[PDB]
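Chains get letters A, B, ... in whatever order the sequence lines come in. We number chain A the way the PDB entry does; in order, the residues shown are 27-67, 71-104, 137-206, 211-506. Residue numbering in chain B adheres to the PDB entry, whereby the residues present occupy positions 27-67, 71-104, 137-206, 211-506 in order. Chain C is numbered as in the PDB entry; shown residues: 27-67, 71-104, 137-206, 211-506, in order. Determined by X-ray crystallography, 2.9 Å, according to the entry header. When reading the values below, keep in mind they use all heavy atoms of this one structure, side chains included, and skip hydrogens, waters and symmetry mates. Every number for a ligand or one of its atoms is a count from 1 in the order of the listing.
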Amino acid sequence: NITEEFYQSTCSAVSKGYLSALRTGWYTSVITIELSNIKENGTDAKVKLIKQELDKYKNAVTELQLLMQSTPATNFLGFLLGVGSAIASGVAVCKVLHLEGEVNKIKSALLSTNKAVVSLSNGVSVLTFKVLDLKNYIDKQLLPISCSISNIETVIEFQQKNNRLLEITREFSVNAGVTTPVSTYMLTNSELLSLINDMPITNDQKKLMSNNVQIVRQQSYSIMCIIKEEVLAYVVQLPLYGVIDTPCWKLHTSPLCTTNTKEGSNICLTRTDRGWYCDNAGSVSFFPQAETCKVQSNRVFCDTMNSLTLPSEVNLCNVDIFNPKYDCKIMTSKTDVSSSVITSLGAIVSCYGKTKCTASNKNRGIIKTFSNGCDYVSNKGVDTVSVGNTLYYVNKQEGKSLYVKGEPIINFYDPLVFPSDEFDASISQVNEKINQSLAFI
Amino acid sequence: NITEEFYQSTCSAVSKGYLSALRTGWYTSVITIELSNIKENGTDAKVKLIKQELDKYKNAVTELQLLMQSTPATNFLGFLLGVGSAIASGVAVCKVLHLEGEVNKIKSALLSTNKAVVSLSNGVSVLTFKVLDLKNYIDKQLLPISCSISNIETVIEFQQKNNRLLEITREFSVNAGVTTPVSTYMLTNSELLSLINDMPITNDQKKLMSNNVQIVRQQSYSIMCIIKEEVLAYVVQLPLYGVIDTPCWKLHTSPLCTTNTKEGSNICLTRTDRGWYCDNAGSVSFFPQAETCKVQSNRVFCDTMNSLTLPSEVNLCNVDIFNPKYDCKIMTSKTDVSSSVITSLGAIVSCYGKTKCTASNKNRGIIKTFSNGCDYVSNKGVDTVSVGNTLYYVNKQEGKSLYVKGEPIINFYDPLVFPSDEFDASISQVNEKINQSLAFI
Amino acid sequence: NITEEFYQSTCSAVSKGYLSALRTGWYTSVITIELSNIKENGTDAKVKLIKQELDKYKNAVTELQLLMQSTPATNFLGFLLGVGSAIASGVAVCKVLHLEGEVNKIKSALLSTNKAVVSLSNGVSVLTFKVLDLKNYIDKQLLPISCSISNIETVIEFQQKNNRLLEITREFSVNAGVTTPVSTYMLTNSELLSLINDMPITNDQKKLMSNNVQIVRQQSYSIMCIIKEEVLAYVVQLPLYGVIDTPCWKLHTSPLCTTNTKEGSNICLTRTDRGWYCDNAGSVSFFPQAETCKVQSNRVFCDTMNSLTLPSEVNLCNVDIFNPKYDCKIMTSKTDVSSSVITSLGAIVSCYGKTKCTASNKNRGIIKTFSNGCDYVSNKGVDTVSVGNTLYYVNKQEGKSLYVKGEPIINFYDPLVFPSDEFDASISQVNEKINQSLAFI
Ligand SMILES: NCc1ccc2c(c1)nc(CN1C(=O)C3(CC3)c3ccc(F)cc31)n2CCCC(F)(F)F
């Protein structure tokens, strides 16, 4: 049940009714591919193709080890975020895989099975998985072949069993050994689902991760790890969703300006706290770059690494931007340029100057003509909005919007003492500089 | 015919002579792949490869339907842009494809042909296309085979007919069901050209889209839609070029500073209205992030979603930044750091402090040494420019440049009342704060 | 040997002990694929697959020539950077490849060999390489076949020799003819190593490029060039590392604020000169967007195109932000929001207001609770840090950190005349505006 409210006073709008799925942690699993260690050794069509396909395989392994000479690594209010190192946990697991006893502990565990939990040197209890077993395939098939007795049906199956290794080597070659999203060459869809189900989390988390496999992939890393003792290992680091099903809402803001006819005499004001907001642990997790969050249906997947933690009182700026409990961030300027923001259920139109702004329908064209100022229209009955030479399609998801009539707060400011060009400001910072210019006049 | 003009007064330069191709709208087509619906059912080399290849095919379909549990969705002056939702129109078409009568209307239309126009439930008249027909290939070939009579020539063709489905499933698995650019696994080059030619637009638009297929791809989305009644459907959303062949020009700006020898006593000023500009409908479409526009030869492909609509008088800032009709956006600072901007036909050099700035040639090395200030050099006779430890190659496209001698407007400002650290400012906003500090002294 | 120092006075930290590898230039090589020029010409299983595979090949060539109708092109303090055009040098080489005598000079040189140096029309002496030779493979095999005598072993090898051409055509189709990173479909790992070794540079540069092939790929471009006289040519533009093994260090900064209990009465200050720093030619190459630099082990790969050149005295801001030789860039605000930055060897915590900030260990959970202010913890003994609802993993690379006790310089400022909302400012710019408000009171 999605709903929306537009605040004419502050030229902003909130879509609510969403449910959270915030990545709060990481699970590191160790994916392995058992490798054949052969020295190369007549000519004809069918195993000259095999000699070709295997040189592809040895080259894949020698470029992987060449690739692993160094430890793996990777590269409005968004500037306020901290700075994490996404794969630090995965790199930590991969580091202990280099210790002597460690590589063969894993080799041992998956001799009898393909999925097993291993508790490693430093206490980490990871899930390991053997996804391809080239070594016995090669040993028990290719190795037997003095070099000429074979048939084309095996050339083809060798090409297919090997192709996955070739394509993994590939991804890592153009990614300096860290890929994201994680592909099914790293982890097939059934391999991932199975790893998810074997992951010791709640069954709620299992159902959620299983129902949005495409999202789990986009939020995972595949870290190229080690090649040692005929086992190829790379860590797949998967999201932990520690916050599930808390309320979420998306705040859209657009510039609110005066509309005087003498151009350049106008003052503008924009709320800068736009982004995604989700209740989380008694505070509000705020995501200023609303493009980092993936939305599926009414579920919002976000990464706390890209969040600020705010008092829940931040929600007060939507009904009363002048509330005494929280100082609402705004920016100011004199640049009154037209534009529109396409909300979940409608469109905010900031129309200024000589700009043409309309909203139209599929069959009839124009049904509303916005006059100067900041206005809003619901996506019921409206298919497109135009501001200047820019046509915007509105989202056609169903849900009810609500227009909250109020006086534009830009009117409360005297233009001759209004501080223009303020960015990371707030209602109270603007008032304090107004009182200082008013005293000195 | 490309030309360039450098304005020494404002340390900026304009390349002109380009032609526009602005994406103004979207065309939504429905691409379909007919699927075989079989229950799986002796062992030997050749159809154990077929049993392998088909399990790949059923897994491809079940992960696609698993993927489609939720409705599809996706993620100086650039901050001034509005906010669209790129695939809103495609998602709207895909939504009506879920209605009962809709899926089989398409199934019906392409029983006799591969390309057909269908008018859908809500009045949308889309082009639909059947690009692969696995169902009859499987039914009329694989289905007949008690499970062992076959030959290797069919294993291979099955692998190839199926591979496209495997690779489409693929793209959608790492992209949460929306890909861009659109690949020829989604739409082969001949499929796209044919869809373009069958698209009811002008023949001018057809020739343009046909001559820049690589660009159309980068500006399209492929939206994974529905799997229902043995038909796999995904919407391909293509650009509409409503503005073609209007004048375009690119504005390059660099910081203009005073050059006093006591370091820190300098004041700088930078025009912030850099980007692409194209005449469009009596206004000027302005693109502040000049990297969103693709340029092929002298044609500029841009997306109005990333544009502001400005009065054509914005062009006045290039000959007279002090003109009374338009208030030209500048930023100010005291940070005089050296740098260079590589224009279409030359290079702007902002050289300040103790920085070394030169321009060299292939055979002779250095031919010009820039002194402190803001200067420019044409790409005729010059192959590289160096500012500090940074070597810049200049573009070698041919065209004539013109050096417009003028006094650097930074000289007109008194440093003791100059407002530093202003960003979204203008000539008139800077003057109004100068008059206020001058009154209070 | 990595070390780190945290300056409590300015809430920042420097990791040092790294070695540079700065891309200073470009080497342009010409990669070629000899093509067969055939007119197409009974039906059965095995060469209906060949007629299929070859139509894939002719379509690949006609879409490549269609693609080449236009000349190739491509798209805190980071705003201070200049603006280069990355592929200008490659495009210049590709342009002279269109001149009449040029294409056949290359055709000539590699008739007897696969790798040869050619000196071109304008004096450029490039390395050219023939990586695939479809023409003689087709001519001496496929051409002989009236259209039915063949066997499946050749269908398969044709599919494999051709696949590389198909996949190159591919990359260029979704990239408008310029790809980066460069793949081994463009340049196999042994082809690249060999091209690197045949490149006339120092053996130091050869060893470095050979030991980080994955990095060279990420820093290279593949520019689709020309199809003319049965030769397909695309330029691969590779990095030149003119600066090697100079000291590097990474500066991390976080906001430093007062901690008064009346919320909103606080003033903050953040050093804005964070990024990578490497000694280079007597100045310091400064990289403000620290994500453009790839780090392998203790080697830092960077691109001078994304650098500023600063006086080496910029290093003075780390021991004495008030030093008289260099004016240290800071920003100011009143927005005291909590966050943490994860350094190479520890974590900076800026904890303000009612935020919970801790640092924990694998086995014991919480071991430190940060109080309001800006603090730091080393990664020895600590595995994670939490600030609000955000969990950060710290890097587990080994190295020693050093905590430099000092008084937070935010205390030296009187809050009633502190200029908030300054961004591109400096210690001296802040003091000069303080003296102006203090005079007028
Ligand atoms: N502590 C006060 C403070 C905080 C942040 C500030 C600032 C002052 N001034 C700027 C410069 N600025 C911009 O970047 C934009 C978004 C385009 C803009 C819009 C209007 C405006 F008035 C200024 C700005 N920023 C942001 C730097 C962001 C970067 F670091 F990521 F670049």
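- Short version: main partner of ligand 1, named per the PDB entry, is Fusion glycoprotein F0.
- The name given to the drug at ligand 1 is sisunatovir.
- Other chains in heavy-atom range of sisunatovir (ligand 1) (under 4.0 Å): A, B, C.
- Measured on heavy atoms with a 4.0 Å cut-off, the binding site of sisunatovir (ligand 1) is A:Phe140, A:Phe488, A:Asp489, B:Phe140, B:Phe488, C:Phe137, C:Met396, C:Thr397, C:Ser398, C:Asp486, C:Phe488.
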